[PDB]
There are 2 protein chains.
Amino acid sequence: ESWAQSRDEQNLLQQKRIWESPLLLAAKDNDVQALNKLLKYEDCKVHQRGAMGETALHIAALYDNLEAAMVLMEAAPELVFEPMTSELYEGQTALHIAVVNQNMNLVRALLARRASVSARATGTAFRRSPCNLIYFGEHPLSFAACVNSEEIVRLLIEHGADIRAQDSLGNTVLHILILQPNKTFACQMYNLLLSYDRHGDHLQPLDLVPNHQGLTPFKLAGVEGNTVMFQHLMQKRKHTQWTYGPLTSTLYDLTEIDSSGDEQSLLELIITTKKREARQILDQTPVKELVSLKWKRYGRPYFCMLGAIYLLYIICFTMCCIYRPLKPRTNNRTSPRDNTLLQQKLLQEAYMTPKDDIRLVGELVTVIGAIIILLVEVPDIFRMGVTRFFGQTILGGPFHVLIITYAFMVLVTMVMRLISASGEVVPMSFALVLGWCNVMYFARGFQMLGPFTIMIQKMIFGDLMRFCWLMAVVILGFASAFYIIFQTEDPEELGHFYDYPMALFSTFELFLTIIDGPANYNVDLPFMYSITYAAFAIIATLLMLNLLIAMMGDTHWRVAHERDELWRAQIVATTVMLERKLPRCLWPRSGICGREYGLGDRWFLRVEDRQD
Amino acid sequence: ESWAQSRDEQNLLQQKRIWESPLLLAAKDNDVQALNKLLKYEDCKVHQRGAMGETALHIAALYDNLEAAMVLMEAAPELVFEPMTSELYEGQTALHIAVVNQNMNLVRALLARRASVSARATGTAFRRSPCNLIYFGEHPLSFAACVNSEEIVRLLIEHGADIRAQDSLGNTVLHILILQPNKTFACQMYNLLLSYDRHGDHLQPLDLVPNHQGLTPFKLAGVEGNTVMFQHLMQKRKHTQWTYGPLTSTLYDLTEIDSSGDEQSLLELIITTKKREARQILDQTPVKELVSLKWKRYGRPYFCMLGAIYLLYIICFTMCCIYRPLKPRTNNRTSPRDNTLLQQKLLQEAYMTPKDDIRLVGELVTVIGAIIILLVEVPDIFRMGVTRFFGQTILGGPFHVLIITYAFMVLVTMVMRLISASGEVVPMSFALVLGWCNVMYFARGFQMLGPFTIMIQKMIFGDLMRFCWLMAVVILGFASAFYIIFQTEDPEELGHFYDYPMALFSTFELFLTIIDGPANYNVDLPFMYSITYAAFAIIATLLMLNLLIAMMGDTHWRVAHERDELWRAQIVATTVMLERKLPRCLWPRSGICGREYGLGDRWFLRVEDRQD
Ligand SMILES: CCCCCCCC/C=C/CCCCCCCC(=O)O[C@@H](COC(=O)CCCCCCCCCCCCCCC)COP(=O)([O-])OCC[N+](C)(C)C
Ligand SMILES: CCCCCCCC/C=C/CCCCCCCC(=O)O[C@@H](COC(=O)CCCCCCCCCCCCCCC)COP(=O)([O-])OCC[N+](C)(C)C
Ligand SMILES: CCCCCCCC/C=C\CCCCCCCC(=O)O[C@@H](COC(=O)CCCCCCCCCCCCCCC)COP(=O)([O-])OCC[N+](C)(C)C
Ligand SMILES: CCCCCCCC/C=C\CCCCCCCC(=O)O[C@@H](COC(=O)CCCCCCCCCCCCCCC)COP(=O)([O-])OCC[N+](C)(C)C
Ligand SMILES: CCCCCCCC/C=C\CCCCCCCC(=O)O[C@@H](COC(=O)CCCCCCCCCCCCCCC)COP(=O)([O-])OCC[N+](C)(C)C
Ligand SMILES: CCCCCCCC/C=C\CCCCCCCC(=O)O[C@@H](COC(=O)CCCCCCCCCCCCCCC)COP(=O)([O-])OCC[N+](C)(C)C
Ligand SMILES: CC(C)CCC[C@@H](C)[C@H]1CC[C@H]2[C@@H]3CC=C4C[C@@H](OC(=O)CCC(=O)O)CC[C@]4(C)[C@H]3CC[C@]12C
Ligand SMILES: CC(C)CCC[C@@H](C)[C@H]1CC[C@H]2[C@@H]3CC=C4C[C@@H](OC(=O)CCC(=O)O)CC[C@]4(C)[C@H]3CC[C@]12C
Ligand SMILES: CC(C)CCC[C@@H](C)[C@H]1CC[C@H]2[C@@H]3CC=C4C[C@@H](OC(=O)CCC(=O)O)CC[C@]4(C)[C@H]3CC[C@]12C
Ligand SMILES: CC(C)CCC[C@@H](C)[C@H]1CC[C@H]2[C@@H]3CC=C4C[C@@H](OC(=O)CCC(=O)O)CC[C@]4(C)[C@H]3CC[C@]12C
Ligand SMILES: CC(C)CCC[C@@H](C)[C@H]1CC[C@H]2[C@@H]3CC=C4C[C@@H](OC(=O)CCC(=O)O)CC[C@]4(C)[C@H]3CC[C@]12C
Ligand SMILES: CCCc1cc(O)c2c(c1)OC(C)(C)[C@@H]1CCC(C)=C[C@@H]21
Ligand SMILES: CCCc1cc(O)c2c(c1)OC(C)(C)[C@@H]1CCC(C)=C[C@@H]21
Ligand SMILES: CCCc1cc(O)c2c(c1)OC(C)(C)[C@@H]1CCC(C)=C[C@@H]21
Ligand SMILES: CCCc1cc(O)c2c(c1)OC(C)(C)[C@@H]1CCC(C)=C[C@@H]21
Ligand SMILES: [Ca+2]
Ligand SMILES: [Cl-]
C-alpha cells in the first residue's frame, strides 16, 4: 500500500536529482564533451549519490551509456567499487547493472578495473517476492544467467566467480534458473554452469546443494511446477538398460521421489504446496508409474479394508443409538404444544436387563474406537504443523476434521451418559451424520463418486460460500415480511409463521420448494401475502437457475479434466498418509533394491516402454 | 420511413434527368466528341441542375470521367465554384467528389482552377447518423483523410486547407479519423496530419481541440471504443524512465483519465455511454492499473464499511417491525373467513411502557436514516440529468431506485403511524424486502455473488421480461378454465378456485410446482379437470425447460467472459459514485503529484512491467 507508494516517490525523486545535477545528467544522455568539462574543472564531488544512493557510474550503465562510463572510470577509478546505499537497491554496483543490460563492451572494462564479482545485491528490489517482477538472485553471475548471456556467464568465471555462492534464501544459481518464467533458455544455462563444476573435490556437487528449505534443484523443480526442467534434470537419473527394436527398458532412480523416511520426499512436497502447476509433475514418466504402483498394489487393499472396518463400526454406533435407553415420561404435559412422550433413562435402570448388556458391548466397542481415532489423528496435528501444514497436506481431506469431530461427540455422549445429563440426542445426531457421511471418503479406492466428491469439495469454490449472501438476504427479507403479515392472524389455520425463528425455517424450506406454499382456502388470507409470495417464488426460482448455470460454466467451459488430474493428486495424498501411519512391515518399500545387484544402495524403478 | 423512401425517389429522379438531358448524359459516359458539339453549338444552359442540384461537373467527377470534366471547365470556368443545392447533398462541390473517388489527375485541375478548399458540405447525407453509411466530415481534407489518400491530403495543404476547420458538431479532422471503421489506415493519417501542425503559435494544438461535447480526440477514442487509437494516442503521454534488462518503468499522465473535478473524466464517459466497445478500454495498460488502485486501496474499505453500516441499520428497521404495536381486536369476527385476531394500536397506547421507548429509539434511528438516503440520492437526480443521464451512469445499479423506494415506504410508514392509519403492513413489507435485498449490492466488494448478480441483472435481457407474455397467457387460460370447472362445485372440499383472483394465484403456484396438485379422492371431481390439468402440467413443465435452455445458450455459447469484463465496469461505476459523494479528505487523489518533482502540475502514475 504505502511501501509500493514509497517506491514510486523514490523513482521520481531519482529522476529529479539527475535533473538537479550537471554530472548525473551528462551520464544519462552521454554528453562526453560536456562531461570532460565537469571532471576537469575541479576535483568535484564524484560521490554524488541520488535518491537510490547511486553514483554517476550506475547511471551511465543503467542507460547503456558506454562512452560516459569510461570517463568516470578514467577520472576517478574509485567508482567501480561503489555500491548503491539505499535500502531498495542495496549493494548493487555498476557491474550488476551492465550484466543485466548485456552491455558486453562495458562489462569487460569494469573487470579490467578489477571490480568485485562477489558483490551481493542485498536490496529489497532483488529479493524473491510478488512485489518484485524479477528474481535474478544476489550475485553478478546469477544476474548474467537469468538474462541468458552465455558470453558474460563465461567471462565472469575466468575472473573468479564462485558458482557455489548462495542467496539469503540459500539458492545458488542452479535453483534460480528453475524459478524463471522462460524455461527454454534456462535448460541450456543449466547445462553450461555444471560444465564449470569440473574439479573433482567439491563435497556435495552443485545440483545436490540444498537451499535453506533443504530443497535441491531437482526437488525445487517439482514444487514450482517446472515440467520442462524436471524432465531435463531426470536424464541424469535414467539408465537405459537395453533396446530391442521399438522397446526400451529404462531404470529410474527414485531416491528423491520416494518416501525414504528422513526428509519429506518430492511426492510430499507436491501435495503440500498451494500451486497447481506442481500437480502436473504427477503425470511425468518416473512418477506416474510409481503412484500407480503404491496404489494398485498396496493402497487400494489397505484403503478398502479400513473403509469396511469403519462401516462395521458405524453400523455398531448406529444400533447403539436406535436401541438407546428410553422410558415413559414422569412429568405431565406442560402445554398442549408438548408432544414429548418419552424421556431417557438414568444409568441405574439403563443397564438392568440382558438386552441392555449386548448394547453395552457395542457402546464400549464404540467409545474405544473414538479414542483410537484421537490417537492417530490428534498426535499428527499436535506434533506436525498444527494448523498451517495440516490443511496443507489436505487436498480433498476435510474428512480429518469431521472424524475428529465424530470422536469428540461420541465422548460428549459418554460423559452425558455417565452424569445422566439430558440432551444426548444433540451429540448423537451430529455423530450419526458425521459418522456415515465420512463413508463418502472411503470410496475413491475403486474410482467411486469419490473422484466426484472432488466436485462437491471443489464446490467450496466461490458460488457456494458466496451464494449464501444473496440467498440469506432473500430469506431474511421475505420471512420478516411474511411474519408481520401473519402477525395479526390466527395461527391455528396458517401457522408457518407463528414466531420469527419458524418464519426463517419455513421461508428457507419455501425457497427450495421442500414444503408447499401456505394456503387454507377456508379463510380469507391477507392480500399482502399473495403479492409477496408471488415475488418470493420468482426470486427463488431465478436464483436457483443462475447457480445451476454458475455451477456449469465453472465446470464445462471451465475445468472438467483437471478433476481427473485432481484424482491422481488424492491418490497420492491418501497413499502418503497411509504410509506415514501404517507400519513398515505392512508397507514394503516400492521399487527394487540395488545392494544385491551392484547398482549401490538406491531404490530403482524399471519402466518398459514402446517408442512408436 | 418516408424520408428513406424520399432519398430513393431522388436517386432515381437523379438518373432520370441525366437521361432527360443531352449534356448531363454526355458527362456520365464521357462522350467528348458529342460534348464539344453541344458546348460549341450555343451558349447553352451549362447551369442545368438535376434532382440533387448538380451541374455537369459533379457528374463527370462522380463517375470518374476525367476527360468530360475538363471540357466543362474549359467551356465555362464558373462550374468549379458551383455547389449542389439540394437539401441532401447541400454545399458539395466537384472538389469534394474527386477527393472521395481519389481521381488524382482531376483534383489537381480543380485546384488549378482555384477551387475553394474551404467549402462546407452541409447536406444531410454527410452528417453523422445511422441513416448514413459514411461520416467523412464537412471539408475536402476531411474527405481525403477518411478515404486514406496521403497524396491528396498533402496536396490540399499547399493550397491552404485549414486543418483546424470543424464540422457542425465541432469535430475537426482529428476526431473524424477516430470515428471511421478502418483503424489501421487511420493511425497513419493521425500522425501525418499533426506533422502539418508545425507553427508554434497555435493556442490549444490540434489534439487538444474539443468538439461541441467538450471531448478531445483522446477522450473520443475511449467513448467510441477505438482501442487501436487509444493506445496510439497514449504514447504521447508515456515517459519511459529507466530500462534494466527486461524491466521498464513508464510514467503515465492520467490528466484526462482521472477525476480532476471540473469536467467529466474519461472513466466517467466510458460508464455513461451505451456502447460495449467502450468498456474494452478498461483493460488497457494505464487504466486497468488505476481502477485496481482506487479500489484495492480506497474503494473496498469505503464500500465494506458502508455495507456493514447499512446492515446494522436494516437489522434495526427489522426489530422495529417485529415488535410493532399490536393489540387484541375490538370488533367481532364478521364472517367465519376472518381469522384476524389482532389489530394495531393507536399512538396514545403505542408508546406507554419502557419496551415501547426502546423501540422509539430504533424507529427514530430508522426514519432519520431514510431522510439521509433522500438527501444523498435525490439531490443527485434533481440536479443531474434527472432520468436520462441517471440510468446512464447506472450499469448494475437498480439499487438506487430501490433504496429511494425503501426510504419512501419508511416515511409512508411514519405518516400512517402519526395519523393512526390502518395498513402499516403494506409499506413495511415492501421496505423489509427492498431493504434487505439491497444488501445483495454491498457484496461486490469481495467478489461475492455480486459479480454474479451481474447475471440476474443481465437477466433482464430478452427471455425474462418476455417469457412473461408466454407464461401469463397459459396462467390466464387454464385458470379461467379451472375456475369454470369448479364454478359449480362445493369449495369446502377443493377450494383452490373459489374466486377468479385465487384461480390465478393457485394456477401461478401450480405452474411453478410450489403447491400440490388439487385432489380430494373422497369426492368425484369433474372429468374435465383431469384432462385440463394434465395439459397444464405439460405446458408448464416444457416452458420451464425451454427457458433453462434459453438462459443457457444466452450464457455458454453466448457470453460467459464479458461478465468478468462487466465486473470491472461496476468497480468503476461504484468507484466514481463514491468519489463523487464522499468528501476530498477521505479520498486522497490517486497517482503521485509532479510539483515537487519538476514534472509540472499533473498527476502521474508509475507502472513497472516486464517485457518478456
Ligand atoms: C470431550 C470430553 C467431554 C467434553 C465435555 C462433555 C460435556 C458434558 C455436558 C454437556 C451439557 C450440560 C448438561 C446437559 C444440559 C441440560 C440442559 C438442557 O435442557 O439440555 C437440552 C438440550 O441438550 C443439551 O443442552 C445438551 C448439550 C449437548 C453437548 C454440547 C453440544 C455439542 C454440539 C454443539 C454444536 C457443535 C457444532 C458441530 C458441527 C459439526 C436437553 O435436550 P433436548 O433435546 O432439549 O431434550 C431432551 C432430548 N432427548 C430426551 C430426546 C434425549
Ligand atoms: C412520503 C411522505 C408521505 C406520503 C403519503 C403518506 C400516505 C398516508 C396514507 C395512506 C393511505 C390512507 C390511509 C389508510 C387506508 C385505510 C384503508 C384500508 O382499509 O387499508 C387497508 C390496506 O392498507 C392501506 O390501504 C394502506 C396503504 C399503504 C400506503 C400506500 C401504498 C404503498 C405501496 C403501493 C405499491 C407501490 C409499489 C412499490 C413497488 C416496489 C388496511 O390494511 P389491511 O392490510 O387491509 O389490514 C390491516 C393490516 N394490519 C392490521 C396487519 C396492519
Ligand atoms: C452466510 C450465511 C449467513 C447466516 C444465515 C442468515 C439467516 C439465518 C441466520 C440468522 C438469523 C437469526 C434470527 C433469529 C434470532 C433472533 C432472535 C429470535 O429468534 O427471534 C426474536 C426476534 O428477533 C428479531 O426480530 C431479530 C431479527 C433481526 C435480524 C437477524 C439477522 C441479522 C443478520 C445476521 C445474518 C447475516 C446474513 C447474511 C447477509 C447479511 C423473537 O421472536 P419471537 O419469539 O417470534 O418473538 C417476537 C416478539 N413479539 C412476539 C413481541 C412480536
Ligand atoms: C405492483 C405493486 C404492488 C401492488 C399493490 C400494493 C398493495 C395494495 C395497495 C393499496 C392498499 C389497498 C387498497 C385499500 C384497501 C382495500 C381492501 C384491503 O385492504 O384488502 C382486501 C382486498 O384488497 C384489495 O381490494 C386491494 C386493492 C388494491 C389493488 C389490488 C392489489 C393486487 C393487484 C396488483 C398485483 C400486481 C401484479 C399484477 C400482474 C403483473 C381484503 O384483504 P384483507 O387482507 O383480507 O383485508 C382486510 C384485512 N383486515 C381484516 C386485517 C383489516
Ligand atoms: C407480462 C405480465 C402480464 C400481467 C400478468 C397477467 C396475469 C395476471 C394479471 C392480471 C389479471 C387480472 C384479473 C383479475 C382482475 C379482474 C377482476 C377480478 O378480480 O375478478 C372478477 C372477474 O373478472 C373477470 O372475470 C375478468 C378477467 C378477464 C381477464 C383479465 C386479464 C386481461 C389481460 C391483461 C393481462 C395481459 C397478460 C399478458 C398476455 C396477454 C370477479 O371475480 P369473482 O370475485 O370470482 O366474481 C366472479 C363473478 N361471479 C361470482 C358472478 C361468477
Ligand atoms: C383428447 C381430446 C379431449 C377428450 C374428451 C373430451 C371431453 C369428453 C367428451 C364428451 C363429453 C362426455 C361424454 C358424455 C357424458 C359422459 C359422463 C360425464 O359427463 O362424465 C362422467 C365421466 O366422464 C365420461 O365418462 C366421459 C366419456 C368421454 C371419454 C372419456 C374422456 C377421457 C379420455 C380421453 C383422454 C385423452 C388423453 C388420453 C391419452 C393420450 C363423470 O364426470 P363428472 O364430471 O362427475 O360428471 C357428472 C357431473 N355433473 C354432476 C356436474 C353433471
Ligand atoms: C475397540 C475395538 C475392539 C474395535 C473397534 C476398531 C475399529 C472398528 C475402528 C476404531 C479405530 C478406527 C480407525 C481409527 C482412525 C482411522 C484413521 C482414518 O484413516 C485415514 O485417515 C486414512 C486416509 C488418509 O489418511 O488419507 C480413518 C479410518 C481409521 C483407520 C479408523 C477405521 C476404523 C477403526 C479401525
Ligand atoms: C446435527 C447435524 C446433522 C446438523 C447439521 C449438519 C452440520 C453439523 C454440518 C456442519 C459441517 C457439515 C459437513 C461438512 C462436509 C461434509 C463432507 C461431505 O463429504 C465429502 O465431501 C466426502 C467425505 C469426506 O471427504 O470426508 C458430506 C457432507 C459433510 C459430511 C457435511 C455434513 C453436515 C455437517 C456435519
Ligand atoms: C440516524 C443516525 C444516528 C443513524 C443512522 C445512520 C446509518 C446507519 C445509515 C443512514 C444513512 C445511510 C446511508 C445513506 C445513503 C447511502 C448511499 C448509498 O450508497 C451508494 O450509493 C454507494 C454505491 C454507489 O454509489 O454505487 C447506499 C448506502 C448509504 C451510504 C447509506 C448507508 C447507511 C446509512 C449511513
Ligand atoms: C411487498 C413486496 C415484497 C411485494 C413483492 C416485491 C415487489 C414490490 C418487487 C418490485 C421490484 C422488485 C425488486 C426488483 C429488483 C431487485 C434487485 C435484485 O437484487 C439485485 O439485483 C442486486 C441488488 C441491487 O443491485 O440493488 C433482488 C430482487 C429485487 C430487490 C426485487 C425484489 C422484489 C421487488 C421489490
Ligand atoms: C412473472 C411472469 C413470468 C408470469 C406472470 C405472473 C404474475 C405477474 C401474476 C400471475 C397471476 C397474478 C396474481 C393473481 C391474483 C392475485 C390475488 C390478489 O389478491 C386478491 O385478489 C385478494 C383476494 C383473493 O386472493 O381472493 C393479489 C395479486 C395476485 C397475487 C396476482 C399477483 C401477480 C400474479 C402472480
Ligand atoms: C427478478 C424480479 C423479481 C420480481 C419483480 C416484480 O416486480 C414482481 C415479481 C418478481 O413477480 C410478480 C410479477 C409475480 C410480482 C407481482 C407483484 C409485485 C408487487 C411485483 C411483481
Ligand atoms: C422479472 C419478472 C418476470 C419473470 C420472468 C421469468 O422468466 C421468471 C419469473 C418472472 O418468475 C417465474 C418464477 C414465474 C418464472 C418461472 C420459469 C423460470 C425458470 C423463470 C421465471
Ligand atoms: C406441447 C403440447 C401440449 C399437450 C397437447 C396435448 O394434445 C395433450 C397434452 C399436452 O398432454 C396430454 C397428452 C396429457 C393431454 C391429454 C388430454 C388432452 C385433451 C390433450 C393431451
Ligand atoms: C406433446 C405431448 C408429449 C409430451 C412430451 C414430453 O417430452 C413431455 C410432455 C409431453 O409432458 C410431460 C410434462 C409429461 C413430460 C415430462 C418430462 C419432460 C421434461 C418433458 C415432458
Ligand atoms: Ca407437496
Ligand atoms: Cl442443465
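Chain identifiers are assigned alphabetically from A in the order in which the sequence lines are presented. The PDB entry numbering applies to chain A: residues 27-638, in that order. Chain B is numbered as in the PDB entry, which gives 27-638 for the residues shown. A restricted portion of the entry is shown here, and the contact count covers that portion and nothing more. Computation of the quantities below employed the complete heavy-atom set of this structure, encompassing side-chain atoms and omitting hydrogens, waters and symmetry-equivalent molecules. When a ligand or atom number is given, it counts from 1 through the structure's own listing order.
Out of tetrahydrocannabivarin, mianserin, niflumic acid, clomipramine, xanomeline, what sits at ligand 13 is tetrahydrocannabivarin. Other chains reaching under 4.0 Å from tetrahydrocannabivarin (ligand 13) with at least one heavy atom: A, B. The shell of residues around tetrahydrocannabivarin (ligand 13) (heavy atoms under 4.0 Å) is A/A563, A/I564, A/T567, A/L568, A/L571, B/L490, B/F493, B/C494, B/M497, B/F534, B/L538, B/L573. Nearest protein neighbour of atom 5 (C) of tetrahydrocannabivarin (ligand 13), counting heavy atoms only, is B/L490 O, 3.2 Å. Each of the following atoms of tetrahydrocannabivarin (ligand 13) lies closer than 4.0 Å to a heavy atom of A/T567: 13 (C). Residue, atom and distance of the protein heavy atom nearest to atom 18 (C) of tetrahydrocannabivarin (ligand 13) are B/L573 CD2, 3.3 Å. If you number the atoms of tetrahydrocannabivarin (ligand 13) from 1 as listed, the ones under 4.0 Å from a heavy atom of B/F534 come out as 14 (C). In chain B, numbering the UniProt transmembrane segments from the N terminus, a non-hydrogen atom under 4.0 Å from tetrahydrocannabivarin (ligand 13) occurs in the following: 5, 6. Close approach of tetrahydrocannabivarin (ligand 13) to B/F493 (heavy-atom distance below 4.0 Å) involves ligand atoms 7 (O), 17 (C).
Remark: tetrahydrocannabivarin (ligand 13) atoms within the under-4.0 Å shell around heavy atoms of A/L571 are 19 (C). For atom 16 (C) of tetrahydrocannabivarin (ligand 13), the closest non-hydrogen atom on the protein side is B/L538 CD2, 3.4 Å. Counting atoms of tetrahydrocannabivarin (ligand 13) from 1 in the listed order, those under 4.0 Å from a heavy atom of B/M497 are 14 (C). With respect to atom 8 (C) of tetrahydrocannabivarin (ligand 13), the closest heavy atom belonging to the protein is A/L568 CD2, 4.2 Å. Here the heavy atom of the protein found nearest to atom 12 (C) of tetrahydrocannabivarin (ligand 13) is A/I564 CG1, 3.8 Å. Atoms of tetrahydrocannabivarin (ligand 13) lying under 4.0 Å from at least one heavy atom of A/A563, given by number and element, are 13 (C).
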